[PDB]
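Snapshot of halofuginone at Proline--tRNA ligase.
The residues of the chain are indexed from 1 along the displayed sequence. Because only heavy atoms are used, hydrogens play no part in the values below, and waters and symmetry mates are left out as well, while side chains stay in. In listed order, ligands and their atoms are each counted from 1.
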Amino acid sequence: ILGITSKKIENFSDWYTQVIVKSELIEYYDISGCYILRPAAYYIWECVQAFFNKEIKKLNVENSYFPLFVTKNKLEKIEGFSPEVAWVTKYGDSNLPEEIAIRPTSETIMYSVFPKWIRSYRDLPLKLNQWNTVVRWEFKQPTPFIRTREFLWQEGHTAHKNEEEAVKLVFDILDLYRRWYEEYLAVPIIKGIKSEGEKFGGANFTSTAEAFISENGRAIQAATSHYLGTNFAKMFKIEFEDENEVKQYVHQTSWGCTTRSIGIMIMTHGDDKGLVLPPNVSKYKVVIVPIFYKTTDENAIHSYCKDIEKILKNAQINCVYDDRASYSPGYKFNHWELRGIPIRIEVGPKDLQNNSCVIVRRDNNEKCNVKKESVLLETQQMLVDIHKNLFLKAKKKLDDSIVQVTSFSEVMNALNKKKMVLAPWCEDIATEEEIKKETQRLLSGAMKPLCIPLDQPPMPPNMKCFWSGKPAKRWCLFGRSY
Ligand SMILES: Nc1ncnc2c1ncn2[C@@H]1O[C@H](COP(=O)(O)OP(=O)(O)NP(=O)(O)O)[C@@H](O)[C@H]1O
Ligand SMILES: O=C(C[C@H]1NCCC[C@@H]1O)Cn1cnc2cc(Br)c(Cl)cc2c1=O
Ligand code: NA
């Protein structure tokens, strides 16, 4: 009912349920894989959505909105997906003439019109984005935020005269996804390129951002940015008149990130007292709680607290003053801790006498006293350090989850020990399923290749692939995955 009753290590999954619900982030729903986002949760989405929008306007990306529905034949104009499509069949009691499908992505919808908007080089680059929801009916069991059947996302689609233009933006968007996670969610991600076997069917290459849940040792795709080259341009006959009057195919990118990011954050920073929010995604930065008992204290406290509130708010630091008389101080402590509020300020008699108050960080529970005069400044610096600390703890933790090894058995040791592994690899696609099905022999417990990180350690000259025996091309991250 109230309090988290499962240790994050002991039942991590029951923990997650308890946290997301009891923190007022979500509510479950009578349709599997769909979840209600209460304001505490949606606020987080809005914050990142603001950030991302800001950043893509600088790349002249423009928002837009395409329809939620797509027709059978249009949709089937990408591979291995059709069993995941939800079909609208009727309206009221009337069967529709043809099935129509709910968007799982907007490629087919959008790219059918592109040729119409793109006749010449003067038309390029074309840069669109959507904030919409999409629907995929997925076999693997749904889990709030991480794998949802409906989900909010942003989906970006661009088209350019040439690769230099296009690829450059791919990596531009990838960095924005890093910042999304690091500057806002304080979640560290590793940028990489996916393997041929795991990359997006219609992409030249898929660049990715990868996170890792230490507790169950599962990696997770945090965001995705593709160079598509001309693949879709061939499929939808999207062409332009060159600066010389030769017809050309366009070079496109698509990229997207979803509410999954919210789940990643929760899993990262959440603890046994409950939700822990980086301040940049919590409406309330501070909760002010009075702690006193003699009735004589009552007016003078209500004031001191109301004063402290005034200071913060003036400074555009939103906060709550829990002054409710029918709740124990410990109720209030637990409650706001659980809800993720970064800072509690405690006000009692010893602080009025002393012109001060106790501040307490949500991230690690250090308390201090600070003279009222300098509360504003100390609160601001605190909030920053809480971000600094949440992030840095999470990067120390990520790094300890990554073991660099060279042999197959070193690999299995690491995998058995809930790690993810950095290993030399030849990159032959034929090895991927072998490696998957054969590790799974010792949610799916196979070792997937996650991403070939951009930041490569050096490659010894004779270094062999840990599986093929073939000489290894580059270091790749492998792990069990969400
Ligand atoms: N069911 C889902 N719920 C929430 N987010 C999702 C879901 N499926 C994919 N994503 C995210 O969507 C982004 C874009 O990738 P996309 O190509 O749409 O999905 P995917 O690669 O098919 N799924 P996965 O195997 O789970 O990473 C990725 O960063 C995924 O993390
Ligand atoms: O959705 C994608 C590719 C990209 N589209 C928008 C930007 C980011 C995103 O990775 C991969 N994908 C994922 N799931 C799908 C599910 C179905 Br059903 C279909 Cl038809 C198609 C797809 C499908 O194409
Ligand atoms: Na994943």
Open item on the list: Mind telling me which chains or ligands belong to halofuginone?
Closed with: ligand 2
TODO: Report the binding site of halofuginone using a heavy-atom cut-off of 4.0 Å.
DONE: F81, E84, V85, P104, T105, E107, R136, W153, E155, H157, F200, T224, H226, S254, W255, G256
Open item on the list: Mind pulling out the UniProt L-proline-binding residues of chain A that sit under 4.0 Å from halofuginone by heavy-atom distance?
Closed with: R136, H226
Task: Covalent bond from halofuginone to chain - done: none
